[PDB]
Q: 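There's a structure below that I have some questions on.
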Amino acid sequence: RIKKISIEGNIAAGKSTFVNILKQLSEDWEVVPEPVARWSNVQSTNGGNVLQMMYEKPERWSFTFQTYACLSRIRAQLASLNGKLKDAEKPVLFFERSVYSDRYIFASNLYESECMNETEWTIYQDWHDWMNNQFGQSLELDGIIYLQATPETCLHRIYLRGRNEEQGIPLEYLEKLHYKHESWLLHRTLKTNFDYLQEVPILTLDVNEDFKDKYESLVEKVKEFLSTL
Amino acid sequence: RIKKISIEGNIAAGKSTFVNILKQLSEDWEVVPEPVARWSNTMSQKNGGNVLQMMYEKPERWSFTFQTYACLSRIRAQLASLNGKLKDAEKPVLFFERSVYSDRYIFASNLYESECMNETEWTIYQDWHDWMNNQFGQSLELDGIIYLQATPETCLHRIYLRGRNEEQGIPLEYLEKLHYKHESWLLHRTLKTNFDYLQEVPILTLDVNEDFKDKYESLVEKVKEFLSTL
Ligand SMILES: Cc1ccc(NC(=O)c2ccc(CN3CCN(C)CC3)cc2)cc1Nc1nccc(-c2cccnc2)n1
Ligand SMILES: O=c1ccn([C@@H]2O[C@H](COP(=O)(O)OP(=O)(O)O)[C@@H](O)[C@H]2O)c(=O)[nH]1
Ligand SMILES: O=c1ccn([C@@H]2O[C@H](COP(=O)(O)OP(=O)(O)O)[C@@H](O)[C@H]2O)c(=O)[nH]1
Ligand SMILES: Nc1ccn([C@H]2C[C@H](O)[C@@H](COP(=O)(O)O)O2)c(=O)n1
Ligand SMILES: [Mg+2]
């Protein structure tokens, strides 16, 4: 089977930018991008933007978004496992975010932020729990690449990307998710219902400096982490 | 193997009355109660109550949240029943109080048409339903459907006979809109579904208009009949 690697990080940290660098560095190295486009134009597998609806009235749409987001990821991630990489010697599938960061970082943060009531949040937890243990050892990650950046850098990279929905985001929101990231992957004190995660290796890279051209060091680091996997 | 039959019908038609009768008749006969119907009385049941109270309170906000949890519940209950006591029983039949297809094609459909679910809610629901079902519940495919036919008028009476105070509000107009949905689907079979096999699933239509609580003999004799013909 394929080594499943997850690239984690805050909003605008540099996930797609870095994951594209690695994507290009090898055949049998493939990527599973977060389906942000499906959330942008809700068309069935013209249509509304559920990423916008959530940022505009989070108290109204957080649960509906958080649900479609996770489901769209699950779908995509599975769909890739079946991809050409199946018939390819020594393969590596690089996932842009994971089912673990949807719940324990974003959805968790919204419930805490009072944008999901106890009921909304319980339903989501039971759904995520039940739904995830229906694959077994299928979507289990082999390793995690944490792309570390200040919530300050993120706010600036949000303002470079220039996606309308998120131009309203305050430092405080990024600051909240940052802390959640640090507790999950750096200090590793964020307990999850996924007991295997406890023994999963994490490579933490400080992607604060504009690595777009100065990325050789970052790539040397991934290649070493992957050998040890 | 276990034969899957679903009991379909409008509100207060007599589904829960019939699934109880059938349950008592055979050791080989097991029944799967509607999650909604239960909640119309342990976190899976605690959430149920909460969401159903909000559902009545403001259907414009909780239609998606409800039709979602109520359907995941159904899949979870039915997948659990398949691995139950019937597994090693000589000639087993599993009766389902309403199906995963009625949730979507009658109720969830009606709520999108009521404007209680917007287009974006509706797109996501249809997509969530298409996926959940094609992955997890591919076994929960039906062997047959027993339609419990009753005039919207009959149901309106049996809603009072029931007495659930929230239910006492339900207009005849609402029951008439749901009636025509059932009739188009199961009786005329003009209702188009995303599930291709439902074009050739056998349907026994029973006229539950007369009180069957005490004269259920013939009704069961026609079921016994239908079961052999699968
Ligand atoms: C369980 C429930 C409670 C209330 C409602 N609907 C309403 O209560 C309601 C109220 C007003 C309108 C019309 N009006 C349109 C315009 N907008 C702005 C307001 C509403 C429509 C529906 C649906 C449901 N949904 C539902 N879904 C599945 C099953 C059942 C159900 C209920 C009882 C017994 N058996 C099954 N019920
Ligand atoms: O070294 C870097 C990495 C990222 N970015 C910019 O930061 C924004 C967000 O990047 P990305 O989509 O990769 O972030 P993600 O949210 O996927 O982590 C984009 O405008 C990038 O060009 C940048 O200027 N320099
Ligand atoms: O032959 C019958 C069947 C049902 N009922 C009454 O109909 C009401 C609702 O029945 P049920 O719960 O079976 O309906 P469902 O909503 O499940 O279709 C209850 O008060 C029953 O006692 C009745 O009077 N006679
Ligand atoms: N469960 C999730 C997943 C993603 N997002 C948002 C954050 C971004 O605005 C976008 C995904 O792109 P990014 O790579 O910038 O995080 O969706 C969210 O709020 N909740
Ligand atoms: Mg992105």
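Chain A corresponds to the first sequence line; subsequent lines are lettered B, C, and so forth. Using the PDB entry numbers, chain A covers 20-64, 77-260, in order. For chain B, we keep the numbers from the PDB entry: what you see runs 20-60, 72-260, in order. Header lists the method as X-ray crystallography, 3.2 Å. Read the numbers this way: they start at 1 and go in the same order the structure lists the ligands and their atoms.
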Q: What would the PDB label the drug at ligand 1?
A: imatinib
Q: Of all chains near imatinib (ligand 1), which one has the greatest contact count, and what is it called in UniProt?
A: Deoxycytidine kinase
Q: Using a heavy-atom cut-off of 4.0 Å, which other chains touch imatinib (ligand 1)?
A: B
Q: Among residues of chain B listed in UniProt as binding substrate, which lie with some heavy atom under 4.0 Å from imatinib (ligand 1)?
A: B/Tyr86, B/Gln97, B/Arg128, B/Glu197
Q: Can you pull the source organism for chain B from the entry for me?
A: Homo sapiens
Q: Which UniProt active-site residue of chain B is nearest to imatinib (ligand 1), and how far (heavy atoms, to 1 Å)?
A: B/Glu127, 7 Å
Q: Which residues are in the binding site of imatinib (ligand 1), using 4.0 Å as the heavy-atom cut-off?
A: B/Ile30, B/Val55, B/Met85, B/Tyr86, B/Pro89, B/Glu90, B/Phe96, B/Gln97, B/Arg128, B/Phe137, B/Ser144, B/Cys146, B/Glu197
